Each structure stands twice: as C-alpha cells, then as structure tokens.
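Here's Alpha-carbonic anhydrase with acetazolamide bound to it.
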Amino acid sequence: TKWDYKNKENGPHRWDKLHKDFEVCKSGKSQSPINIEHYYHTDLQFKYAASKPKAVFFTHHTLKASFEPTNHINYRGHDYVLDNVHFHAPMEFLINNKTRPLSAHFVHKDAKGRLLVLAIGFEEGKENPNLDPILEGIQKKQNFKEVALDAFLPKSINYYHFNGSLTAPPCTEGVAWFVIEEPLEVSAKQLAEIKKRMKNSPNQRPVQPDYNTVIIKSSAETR
Amino acid sequence: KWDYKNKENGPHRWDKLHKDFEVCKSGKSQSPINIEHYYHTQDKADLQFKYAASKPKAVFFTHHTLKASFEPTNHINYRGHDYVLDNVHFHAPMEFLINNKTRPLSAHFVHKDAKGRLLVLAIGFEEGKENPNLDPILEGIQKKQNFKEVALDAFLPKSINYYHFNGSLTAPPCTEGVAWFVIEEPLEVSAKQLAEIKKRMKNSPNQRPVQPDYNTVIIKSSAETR
Ligand SMILES: CC(=O)Nc1nnc(S(N)(=O)=O)s1
Ligand SMILES: CC(=O)Nc1nnc(S(N)(=O)=O)s1
Ligand SMILES: [Cl-]
Ligand SMILES: [Cl-]
Ligand SMILES: [Zn+2]
Ligand SMILES: [Zn+2]
C-alpha cells in the first residue's frame, strides 16, 4: 500500500501495519515529533553556501529540494552533509504547545550514516525572498536558481537539541535533532502558494509519546 | 541461554538468539556507552532520594549477576515522577566508561514506576578500603532467608556528580527508554570483597561491550542524596 496523512487505513496511526519496516513507528520509544515542553538550560559549525538544487520536487507528500553534497554542518568533530531541505504544513514539532503554519527540515548525514536534522518554523508576516528559488523551480529540471542557504537561518539562534526519529516512515531512530526557537517569516501569498503545491493537504505527523526525552536548550551563531 | 563468552551466545549474537533480542542490534540508543561528550547544567532539583535501610527479599545469582531484590519501600523521585527501587545487582567490570576510564566493579540500582518506565542508577567501585555495605550481600548470598538490612540510605554518596541520558538495559532484551543516571564518584571495595563478589558472579565477566553512540544527549549535574 501507500502511507499517507489521512484518517484512514494508511494514516499515521497505521504506518506500522503497512510495512514491517515501519514497525518502530509504533514500538519505538524515541519517536518524533513531540511537544518540546520540558528541558534543560546550558559545538555546532555551519558550512552553507548558495547552492543550485540537484533537483526540486514533490515527493511522498512533501515539497523537497535536494542538493549536491557540498554543504555541511560539523557537530562534535564530525561533518554532516546536507542532503535535502523539505517542508511541512503545518509545523510538526510543537514548542510549548505552539504551532507555526510551516516548518523546514535541513537533513544531514555523517560518514557513519548518522542523521542530524535541523528544524525551524515560519511566521506569517513579511515576504521571505529565500523561498523564491524553491517556489520558482518546481517548474524546471535544469539550471536551478541558487538557494541562499547561507542567508536562510537566523545569524543568532536559540535551539533545543534532543534525540528522536524521522517524522515519516520508516521512522528510523538515532536522529540528532536541533530545533530553532526563532521563526522565519513567510508572506500570505507564499504560504498559500507553498501549501497549495503540497495539495492543500496537511503533512504534519501528530505528536508522539514522549518518554522524558532529554532536551537541552542553547544558542549558537550560524554565521 | 544468552551469555558473555565469545561463542554462539555472546554479546555479538544476542539479536540472533531470540527475536525479542533484536533491538540489541537494531537499537539507536543502546547501553553501555563511553560518556565523553556532555553538557554542563544547573542543579534543577530534579532528583530526590527517599531511601532507607532495607532487608533484601532475596539475594541470588541470576543471568550472570548477583542480585538483591527489595520490597517496594524505597524511592527515587525525578522531575515529579516516583520510581520504586526494585533491585541491586552488579557488573564486573563497570559497564559505563567515564571518559574512557575503567573500574573493576559497578552497581545498578534498578527502578520501575507504576507504568513500567525504567530508571537505573549506576556507580563504580575502586580497589581500596573495605566496603562494609557490600558485606550483607556477600554474607547474605550463602544464606537463603533472613538477609541483613542493606543500608540503602547510606550506600550512595551524600553529594553526587552524575550523567543523565536515555539509554537501554545493558542485558537482553536490551529494552530502550531506560533513564540512566551514572554517578561519577566511585565507592570503595577491598581486594577480598572484589574477589569474592567476582566468585559469587562465578569469576566470569558480565560486562556488555560499548555499543554505537548516535549523539546521545547527556547532561551533567549534581544533587544531594541525603
Ligand atoms: C532522504 C530523507 O531526508 N528522508 C527523510 N524522512 N523523514 C524525514 S524528517 N521529517 O524527520 O526530516 S527526512
Ligand atoms: C528485572 C531487571 O532488572 N532486568 C534487567 N535487565 N537489564 C538490566 S541493567 N544491567 O540495564 O540494569 S536490569
Ligand atoms: Cl518541525
Ligand atoms: Cl555501570
Ligand atoms: Zn520533515
Ligand atoms: Zn545492570
């Protein structure tokens, strides 16, 4: 069958049934997303640059932009190369039970195959020029307009870091999550646009059981 | 049948012996680990002890360990969650490594709350002064009924430094979602206590090798146990 976000046979409460591959979606004790609500206050380097997408496409219910392996985040002496950035409407992670209309995930992998994913919400407000090459380029196959990855995130960020899982099947654990507290802005026309291309259909996995995930809250400079 | 020797049933093959033991290989948050990257933090009063001297319901050898079980009269309260102490058992050598450094012995204080959530407390021993606290266990195991009270309210240090993370049981079925608190400060043990303890664990190492670490989030803090 084909996993989706509907309230029926293939929906999130039933991903585990569709494939044995997806069983950890139910049996796992560190599944994402969660409500980030209880945490501790208290080594992250960015190597992003304007990058022309390898491809920009709609896949498995998300708007996805893939990249050549030229961008990295270095964490605790290991490089995690950015594979792709994709979008969720609404945001999957809740910070103290507050949702944003959109979020973006920056998905990275190190040499051992370990995953590090960075999440950040969007706020309804002013236009965000960075969204445009992705929105302009679903429409193309070839020389894509560069995504300003080095301008995308806040210069100064406050983040929550915890151990979790992929928020979509096969829901693999061992994902190093960094969730940024600061919203980016997106216009009313851009959001409606982005939400419409993901078929006016919510692609937000519900909050999963939280087994007292150890979450630290900190801050860093992205540039 | 699972064991710690280098043949069919050893640590490398636990996932193969039973399908319940599959998370022993497939898990992304398996224990023990080398504790070497961690975050320093506040003393948020998260961890409060309600311990008292307790006579073991039993002291016995099971699954390569020497175990003392207790009545549900002892607690750990964490972040507004109460965990009742189930048992104390031993590992030789110590399973969690602190900054890649060895210990000859460790103790795990295994707790379970009403929902079945697991919290385990670990502390190492070093060769030195004799430890009187171990003696009712060494003395109580060649006996079967009346066990001497274990001074649970005295076993741990009054002031502790610990590392807290979520991990797994270090023995099959390697269940994850285990709340680990590893106390950095060691307790003491004599050469005779260490040797007999090992003989009561049949002079056979019951130490799980270190498993892969997927960027485990560890906070380092401190508390007063009494
Ligand atoms: C190739 C790839 O990135 N696959 C992903 N599956 N789930 C993800 S999520 N919502 O946890 O970021 S990413
Ligand atoms: C009943 C019981 O306590 N079972 C345990 N299995 N593994 C444990 S450990 N070494 O992670 O503390 S405890
Ligand atoms: Cl998110
Ligand atoms: Cl230990
Ligand atoms: Zn995502
Ligand atoms: Zn143990």
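In what follows, chains are A, B, ... by sequence order, proteins preceding strands, each numbered from 1. Every number for a ligand or one of its atoms is a count from 1 in the order of the listing. Both backbone and side-chain heavy atoms feed into the values below; hydrogens, waters and symmetry mates do not.
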### Query
Could you point out every ligand or chain corresponding to acetazolamide?
ligands 1 and 2
### Query
Which other chains show a non-hydrogen atom at a distance under 4.0 Å from acetazolamide (ligand 2)?
B
### Query
Short N/O distance, under 3.5 Å, between B:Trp180 and acetazolamide (ligand 2)?
no
### Task
Give the other ligands and ions closer than 4.0 Å to acetazolamide (ligand 2), with numbers and names.
ligand 6 (zinc ion)
### Query
Which atoms of acetazolamide (ligand 2) sit under 4.0 Å from any heavy atom of B:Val120?
12 (O)
### Query
Which of these, B:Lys67, B:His108, B:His91, B:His63, has its nearest heavy atom closest to atom 1 (C) of acetazolamide (ligand 2)?
B:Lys67
### Query
What's the shortest distance from atom 3 (O) of acetazolamide (ligand 2) to any protein heavy atom, and which residue and atom give it?
B:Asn87 ND2, 3.3 Å
### Task
May I ask you to check whether B:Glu95 has an N/O atom sitting below 3.5 Å from an N/O atom of acetazolamide (ligand 2)?
no
### Query
At under 4.0 Å between heavy atoms, which part of B:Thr170 makes contact with acetazolamide (ligand 2): side chain, backbone, both or neither?
both
### Query
Any idea which part of B:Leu169 is under 4.0 Å from acetazolamide (ligand 2), heavy-atom wise: side chain, backbone, both or neither?
both
### Message
Any chance you could list the binding-site residues for acetazolamide (ligand 2)? Cut-off is 4.0 Å, heavy atoms.
### Response
B:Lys67, B:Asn87, B:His89, B:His91, B:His108, B:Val110, B:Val120, B:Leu169, B:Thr170, B:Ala171, B:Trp180
Return a table of N or O atom pairs, acetazolamide (ligand 2) on one side and protein on the other, at distances under 3.5 Å, rounded to 0.1 Å.
residue	atom	partner	partner atom	Å
acetazolamide (ligand 2)	3 (O)	B:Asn87	ND2	3.3
acetazolamide (ligand 2)	10 (N)	B:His89	NE2	3.4
acetazolamide (ligand 2)	10 (N)	B:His91	NE2	3.2
acetazolamide (ligand 2)	10 (N)	B:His108	ND1	3.4
acetazolamide (ligand 2)	10 (N)	B:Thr170	OG1	2.8
acetazolamide (ligand 2)	11 (O)	B:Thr170	N	2.8
acetazolamide (ligand 2)	12 (O)	B:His89	NE2	3.4

